[PDB]
Amino acid sequence: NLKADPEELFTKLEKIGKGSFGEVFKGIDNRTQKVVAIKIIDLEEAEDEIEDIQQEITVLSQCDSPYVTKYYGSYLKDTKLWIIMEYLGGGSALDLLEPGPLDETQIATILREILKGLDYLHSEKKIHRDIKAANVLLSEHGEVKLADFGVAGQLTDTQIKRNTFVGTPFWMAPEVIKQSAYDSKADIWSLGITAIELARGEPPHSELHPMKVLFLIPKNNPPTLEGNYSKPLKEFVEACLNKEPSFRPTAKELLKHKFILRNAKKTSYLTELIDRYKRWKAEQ
Ligand SMILES: COc1cc(Nc2c(C#N)cnc3cc(OCCCN4CCN(C)CC4)c(OC)cc23)c(Cl)cc1Cl
């Protein structure tokens, strides 16, 4: 279902990010003048990565949610692949953390929107597998969406569990590290680590080497949120960070958690965080 001739429909503007698979560019939909994000992958400097690229695009093309980065299409241009997504100008939740701490209203608001994305994803039998603040993107007006489906997985009727070692070590669930059969409950663990990350600025063990973390997480007791935080926020985290995945709540259940219900407000209030980052970055 790939398409061709991207530059007929889109204008490529300036570079805004890179991994080393390919680079991400700002761009324009010349049919609407909406701004988009364009990822270009030289299909040559990657080889093993080709199958993971194909899976990512598949997952993206099948998602239709206001809580998941909208996918425009994938375009072939000679040796290059262009992946076109909506542009989100507010930066990531991680960016928003850089100038300083969040309050519990902002934390609950962000967590609630992530939970709506996870509920959508999990209802579609998809697992994100790399939930973390850096993969939570915001519009300039504070809309919050899940991004970066580079390791997302799909459950089917013949495959009701996954086994693959993927994720970012600090955020990974213990059953994923063990490469046991796991499912969407793994995203709920990662969400718990993410809530600590939103609260503390960093996930547990963040000063350790990622490889060391891979043996610590299955053995150690689960992280808890320590410090002067509300009881419901601490219990939200604790609920998520159960070593036994069937004891973790679903995303749907967490949307009704006391911490969420008591503290989450309108996403438009998150523009304050967006302004704060812009001010912070400018004077950097
Ligand atoms: C296209 O394909 C993909 C793109 C992405 N990533 C992004 C998506 C998406 N989706 C959307 N929006 C993004 C916006 C970004 O920048 C907003 C920052 C505001 N300004 C930038 C310019 N400066 C000078 C002023 C401040 C951004 O930066 C790296 C990455 C974004 C992912 Cl994660 C996966 C795939 Cl496949």
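By the numbers in the PDB entry, the shown part of chain A spans 15-298. Counting starts at 1 for both ligands and their atoms, in listed order. So this one's X-ray crystallography, 2.1 Å, going by the header.
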- Return the drug name for ligand 1. bosutinib
- Query: For bosutinib (ligand 1), which chain gives the most heavy-atom pairs within 4.5 Å, and what name does UniProt use for it?
  - Reply: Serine/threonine-protein kinase 24 36 kDa subunit
- So which heavy atom in the protein is nearest atom 14 (C) of bosutinib (ligand 1), and how far is it from that ligand atom? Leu102 O, 3.2 Å
- Message: Quick test: of every protein heavy atom, which one is nearest to atom 10 (N) of bosutinib (ligand 1), and how far off is it to 0.1 Å?
- Response: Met99 CB, 3.4 Å
- Check whether any protein heavy atom sits under 4.0 Å from atom 32 (C) of bosutinib (ligand 1). no
- Which residue and heavy atom of the protein sit nearest atom 27 (C) of bosutinib (ligand 1), plus the separation: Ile30 CD1, 3.7 Å
- Provide the number and element of each atom of bosutinib (ligand 1) under 4.0 Å from a heavy atom of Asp162. 33 (Cl)
- Message: Within the 4.0 Å heavy-atom shell around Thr83, which atoms of bosutinib (ligand 1) are there?
- Response: 10 (N)
- Message: Side chain or backbone, does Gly105 bring an N or O within less than 3.5 Å of an N or O on bosutinib (ligand 1)?
- Response: no
- Which residue and heavy atom of the protein sit nearest atom 7 (C) of bosutinib (ligand 1), plus the separation: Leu151 CD1, 3.6 Å
- Starting from atom 4 (C) of bosutinib (ligand 1), locate the nearest protein heavy atom and write down its residue, its atom name and how far away it is, to 0.1 Å. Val38 CG1, 4.1 Å
- Message: Just wondering: what's the UniProt domain of chain A where most contacts with bosutinib (ligand 1) are?
- Response: Protein kinase
- For atom 20 (N) of bosutinib (ligand 1), find the nearest protein heavy atom and state the residue, atom name and distance (0.1 Å precision). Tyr101 OH, 3.4 Å
- At a 4.0 Å threshold, what atoms of bosutinib (ligand 1) neighbour a non-hydrogen atom of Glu70? 36 (Cl)
- Task: Within a distance under 4.0 Å of any heavy atom of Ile52, pick out the atoms of bosutinib (ligand 1) and give their elements.
- Result: 1 (C)
- Task: Among all protein heavy atoms, pick the one closest to atom 11 (C) of bosutinib (ligand 1) and tell me residue, atom and distance.
- Result: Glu100 O, 3.1 Å
- Just which atoms of bosutinib (ligand 1) are under 4.0 Å from any heavy atom in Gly103? 19 (C)
- Query: What's the shortest distance from atom 23 (N) of bosutinib (ligand 1) to any protein heavy atom, and which residue and atom give it?
  - Reply: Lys295 NZ, 4.3 Å
- Numbering the atoms of bosutinib (ligand 1) from 1, which are under 4.0 Å from a heavy atom of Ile97? 1 (C), 2 (O), 36 (Cl)
